[PDB]
Amino acid sequence: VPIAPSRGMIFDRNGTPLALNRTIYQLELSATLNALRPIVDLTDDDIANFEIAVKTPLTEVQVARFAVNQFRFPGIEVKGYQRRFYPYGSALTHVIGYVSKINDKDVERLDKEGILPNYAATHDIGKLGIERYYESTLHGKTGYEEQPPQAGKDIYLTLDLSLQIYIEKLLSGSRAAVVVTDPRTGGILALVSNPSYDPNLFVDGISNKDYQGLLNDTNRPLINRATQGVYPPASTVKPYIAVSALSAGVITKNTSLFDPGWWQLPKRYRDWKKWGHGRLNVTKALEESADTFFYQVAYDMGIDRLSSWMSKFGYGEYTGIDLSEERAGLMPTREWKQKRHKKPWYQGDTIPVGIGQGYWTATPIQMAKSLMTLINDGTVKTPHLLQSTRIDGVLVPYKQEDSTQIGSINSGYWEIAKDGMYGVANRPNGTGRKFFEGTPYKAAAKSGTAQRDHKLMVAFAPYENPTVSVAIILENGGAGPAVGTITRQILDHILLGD
Ligand SMILES: *C(=O)[C@@H](/N=C/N1CCCCCC1)[C@H]1N[C@@H](C(=O)O)C(C)(C)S1
């Protein structure tokens, strides 16, 4: 008979158990049943429902009490089964996901993959987050009764629980998403969607009452806003668009344009600054998040050569984060618009896209990826949750297969685009100077406002040689605190405690 394997555990960067296995003890003529009532406190309910496990769950007391009366009950034995436990619950609901009961649907799927024998004795399966993406590595090989089951591999995530909780705290009541990342590794220090729910509700098996709650909730907690949230990336895109315009030579380090707070299609487009920024280079256009300047560059570069370059930053593309719940959003093209809407591409479509607006939609993870790329001077990093896997009691570390590069690393285009962001935070004309008031570290940021308007901030530090990057969005503005406020708080927590 099949011996179910113990599911591999999930841990934060510092080995803090995030997903655990709790032992549930089970007991397994109608005279015998009444005889057990005093020995295990078998209730009128446990016999009614029992109509195979006679009593569940047993308490170590009731077990120990049956254990000494084992001889007085023939064949009846105590069985130690396991249930997934999520200590930190709602904190990780999205990134860790959860295991839930296998239904006849999950069966059919296992059947055609030819692994149904492995799940013979297994009741729960990874249905979300790391639990789903790594279900394979977390399940283990099944054993037989005596050929022992090979226990599922432990997964060490790059997550920092301390930070992950701290973010959830800061996003309270705000439909929001945050993706802290170590840009040196691609490692996701934190991945937070608000609102969340208890992952533990699913382990036993979720009530259609409880699910229709999460399903029909206005705030839509079920959605991982970090990876499945499609938002206009708005001004966050400008630094990458900047680098793309430089590489394409459609602008240069110093390319003065005059902003009157307006830009018409040579049909006007209002800059955020009602009476404009005046004489603008990219460095200043980024610093002050000037629309006019980028409205122009959009037109000069044109949809096809802009779309192409953003596709290199991974917009419209799956980031390759180790999660099965992900959207690619859309980096729009003529090709796309024609197919999709069955109308050709107008120039009034290229202008919105120039300020990460229009048809352009992005996932916080996409935004987090594109920033890491900009930080590493075009050496693309895949956002990864997995830090290492326990393979034969050895931690085997994550190793990136994607060696991708874009343009020349030695091109001083990254340095200027980044310097702009250095300005957005440190210099007095900067959009986010208010938020990085007196940072012991030197932070670089690019704020953004989409379409109540979404409020966005990508940011990284210490600029001098960065070890953190953040992509935060607060759907329809912050519940209360500013996106810039929270970005400060997050960079504080990591860089002051480092
Ligand atoms: C970037 O996305 C930029 N443009 C956004 N909008 C155009 C002007 C009307 C306001 C909303 C749409 C915004 N970037 C933000 C920011 O917070 O950085 C501003 C305020 C500079 S405008």
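Residues take their numbers from the sequence shown, with the count starting at 1. Order of listing sets the numbers, starting from 1, for every ligand and every atom in it. Atom set for the values below is all heavy atoms of this structure, side chains included, hydrogens, waters and symmetry mates excluded.
Notes: drug at ligand 1 recorded as mecillinam (bound form). For mecillinam (bound form), the chief contact partner in this model is given in the PDB entry as Peptidoglycan D,D-transpeptidase MrdA. Covalent bonding of mecillinam (bound form), as deposited, involves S235 OG.
The shell of residues around mecillinam (bound form) (heavy atoms under 4.0 Å) is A234, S235, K238, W272, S289, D291, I355, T431, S447, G448, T449, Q451, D453.
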